[PDB]
*Asks:* 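Here it is, the structure in full.
The chains referred to below are lettered A, B, ... by the order of the sequence lines, with proteins before strands, and numbering in each begins at 1. Values below: all heavy atoms of this structure, side chains included; hydrogens, waters and symmetry mates excluded. Ligands are counted one by one from 1 in listed order, and the atoms in each one are counted from 1 as well.
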Amino acid sequence: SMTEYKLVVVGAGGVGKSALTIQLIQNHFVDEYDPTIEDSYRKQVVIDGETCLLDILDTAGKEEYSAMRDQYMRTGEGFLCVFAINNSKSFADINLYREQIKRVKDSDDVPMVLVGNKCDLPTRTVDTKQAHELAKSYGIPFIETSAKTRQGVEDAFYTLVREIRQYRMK
Amino acid sequence: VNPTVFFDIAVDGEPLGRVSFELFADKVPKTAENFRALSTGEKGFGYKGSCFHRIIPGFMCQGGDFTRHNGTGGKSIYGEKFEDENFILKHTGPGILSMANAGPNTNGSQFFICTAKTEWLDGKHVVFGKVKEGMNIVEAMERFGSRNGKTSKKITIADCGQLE
Ligand SMILES: CCn1c(-c2cc(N3CCN(C)CC3)cnc2[C@H](C)OC)c2c3cc(ccc31)-c1csc(n1)C[C@H](NC(=O)[C@H]1C[C@@H]1C)C(=O)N1CCC[C@H](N1)C(=O)OCC(C)(C)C2
Ligand SMILES: Nc1nc2c(ncn2[C@@H]2O[C@H](COP(=O)(O)OP(=O)(O)NP(=O)(O)O)[C@@H](O)[C@H]2O)c(=O)[nH]1
Ligand SMILES: [Mg+2]
């Protein structure tokens with residue numbers, strides 16, 4: 001009976017989609033690399049005082065399987081689009097995910113949050129000023145995270161929930 | 001001449017059947033030798049007792065992680081990793097035996113057995129063998145898999161070795 005939200009985590013391989021999701025679900029940081037096939041998790045939380053049920057789909061970052069993303073994009077209600085701050089290609093790839101979501105869902109305003117992960121790292125290659133500008137061009141929030149330290153993890157997921165809530169109140 | 005090796009597959013400890021493989025040493029000698037030696041255990045480690053951690057019906061059965069038993073480990077007889085030997089052989093249909101990897105030149109011990117043609121894996125995974133006897137056993141293994149590969153019973157290599 002509690003309100004449900006279908007969240008989907010997308011982005012290039014190795015950016016930390018699973019590390020972010022596992023932090024939220026299991027409260028630990030996966031150091032090893034275990035590339036994902038597809039995983040689903042459920043968790044109840046309280047956001048701004050309202051209880052809700054998150055269904056989270058953690059997807060593979062495998063560009064050769066881009067055609068397989070359509071089906072989960074149709075089902076998903078909101079998308080965390082994740083890049084890593086030490087992977088410039090992953091930031092370039094964001095545009096492709098955003099355009100695929102817009103095309104597959106035939107919708108100009110799908111709930112989305114842009115996530116820049118690995119902000120604990122001692123060096124980087126992505127200029128986060130460009131991330132702010134990209135998020136503005138899409139009309140969506142930009143959130144910096146580190147799955148390693150847990151910084152911003154709850155904020156990224158809860159912000160996406162708020163975007164879905166606003167969409168439903170349009 | 002090409003060696004033949006076998007696995008005796010078990011389901012929660014109960015025997016299921018034997019699968020045998022021809023290893024194409026005439027085309028990928030280094031990759032075939034790794035799998036042969038890991039099947040006999042002659043270096044002091046290998047496939048005996050390890051599990052098939054990922055079974056996806058319609059595609060393949062993947063195994064070979066005898067070091068971590070979590071789908072992330074494994075090692076070769078040459079060290080931690082070795083190069084992609086060549087891509088002469090292709091993923092042409094059911095029964096193909098090919099190396100799993102984490103990108104170019106990262107072969108260790110993990111492998112997969114195709115249950116269908118997987119031609120999009122050509123040029124990314126080194127094919128080095130093919131099921132001889134017991135394809136029906138590989139087919140039977142699919143009932144223990146799932147869409148993301150998680151298995152519903154423990155599917156193990158209870159015994160393994162060389163026949164030819
Ligand atoms: C989009 C969903 N998806 C899919 C997929 C693809 C399709 N297509 C339909 C149309 N045709 C034309 C194209 C394909 C349909 N349905 C699905 C699945 C059932 O939908 C959930 C795959 C896949 C693979 C990975 C991630 C997501 C993935 C992945 C993640 S790590 C990987 N690959 C490579 C893997 N390395 C490892 O394990 C490393 C860690 C060790 C050391 C590896 O060496 N091997 C061996 C070869 C097979 C591969 N594992 C594997 O398991 O492939 C699964 C397969 C189903 C074959 C492909
Ligand atoms: N320093 C640091 N490392 C991270 C962070 N998030 C993930 N990693 C590391 O980056 C690697 C890949 O992480 P993972 O979450 O598996 O990435 P993914 O996006 O799920 N990859 P895939 O698309 O293949 O499933 C792992 O070694 C993981 O520990 C982070 O915030 N900081
Ligand atoms: Mg992942």
*Asks:* Name the main binding partner of ligand 1 here according to UniProt.
*Replies:*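 It is most in contact with Peptidyl-prolyl cis-trans isomerase A, N-terminally processed.
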*Asks:* I'm looking at ligand 1 and can't tell which of daraxonrasib, tariquidar, tasurgratinib, troleandomycin, lividomycin it is. Any idea?
*Replies:*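 That's daraxonrasib.
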*Asks:* I'd love to know which other chains sit under 4.0 Å from daraxonrasib, counting non-hydrogen atoms.
*Replies:*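 Heavy-atom contacts come from A, B.
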*Asks:* Extract every residue of other chains having a heavy atom under 4.0 Å from daraxonrasib.
*Replies:* A:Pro35, A:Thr36, A:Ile37, A:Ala60, A:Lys62, A:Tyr65, A:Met68, B:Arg54, B:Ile56, B:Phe59, B:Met60, B:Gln62, B:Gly71, B:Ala100, B:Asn101, B:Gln110, B:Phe112, B:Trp120, B:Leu121, B:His125, B:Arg147
*Asks:* Quick test: of every protein heavy atom, which one is nearest to atom 22 (C) of daraxonrasib, and how far off is it to 0.1 Å?
*Replies:* A:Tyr65 CE1, 3.7 Å
*Asks:* Starting from atom 37 (C) of daraxonrasib, locate the nearest protein heavy atom and write down its residue, its atom name and how far away it is, to 0.1 Å.
*Replies:*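 Atom 37 (C) of daraxonrasib sits closest to the protein heavy atom B:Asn101 O, 3.7 Å.
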*Asks:* Please list the nearest protein heavy atom to atom 8 (N) of daraxonrasib with its residue and the distance rounded to 0.1 Å.
*Replies:*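 Nearest neighbour among protein heavy atoms for atom 8 (N) of daraxonrasib, to 0.1 Å: A:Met68 SD, 3.7 Å.
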*Asks:* Can you name the atoms of daraxonrasib, numbered from 1 with element, that are less than 4.0 Å from a heavy atom of B:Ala100?
*Replies:* 43 (C), 44 (O)
*Asks:* So, for daraxonrasib, where in chain B are most contacts, UniProt-domain-wise?
*Replies:* PPIase cyclophilin-type
*Asks:* What does this entry list chain A as?
*Replies:* GTPase NRas
*Asks:* What atoms in daraxonrasib come closer than 4.0 Å to a heavy atom of A:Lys62?
*Replies:* 29 (C), 30 (C), 31 (S), 32 (C), 33 (N)
*Asks:* Can you confirm whether something in the protein, heavy atoms only, sits under 4.0 Å from atom 17 (C) of daraxonrasib?
*Replies:* no
*Asks:* Looking only at protein heavy atoms, which one is nearest to atom 2 (C) of daraxonrasib, and how far off is it?
*Replies:* A:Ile37 O, 4.4 Å
*Asks:* List every atom of daraxonrasib that sits less than 4.0 Å from any heavy atom of A:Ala60, numbering the atoms from 1 in the order shown and giving each element.
*Replies:*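 Checking each atom against A:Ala60, I get 26 (C), 27 (C).
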*Asks:* Output yes when a protein non-hydrogen atom is found under 4.0 Å of atom 30 (C) of daraxonrasib, and no otherwise.
*Replies:* yes
*Asks:* Under 4.0 Å from any heavy atom of B:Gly71, which atoms of daraxonrasib are there?
*Replies:* 40 (C), 41 (C)
*Asks:* Check each atom of daraxonrasib against the heavy atoms of A:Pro35 and keep those under 4.0 Å away; list them by number with element.
*Replies:*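 Taking each heavy atom of A:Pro35 in turn, daraxonrasib has 31 (S) under 4.0 Å.
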*Asks:* Polar pairs, daraxonrasib vs protein, N/O only, below 3.5 Å.
*Replies:*
unit_1: daraxonrasib; atom_1: 36 (N); unit_2: B:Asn101; atom_2: O; d: 3.0
unit_1: daraxonrasib; atom_1: 38 (O); unit_2: B:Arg54; atom_2: NH1; d: 2.9
unit_1: daraxonrasib; atom_1: 38 (O); unit_2: B:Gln62; atom_2: NE2; d: 3.0
unit_1: daraxonrasib; atom_1: 44 (O); unit_2: B:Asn101; atom_2: N; d: 2.9
unit_1: daraxonrasib; atom_1: 44 (O); unit_2: B:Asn101; atom_2: O; d: 3.3
unit_1: daraxonrasib; atom_1: 45 (N); unit_2: B:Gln62; atom_2: OE1; d: 3.4
unit_1: daraxonrasib; atom_1: 50 (N); unit_2: B:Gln62; atom_2: OE1; d: 3.0

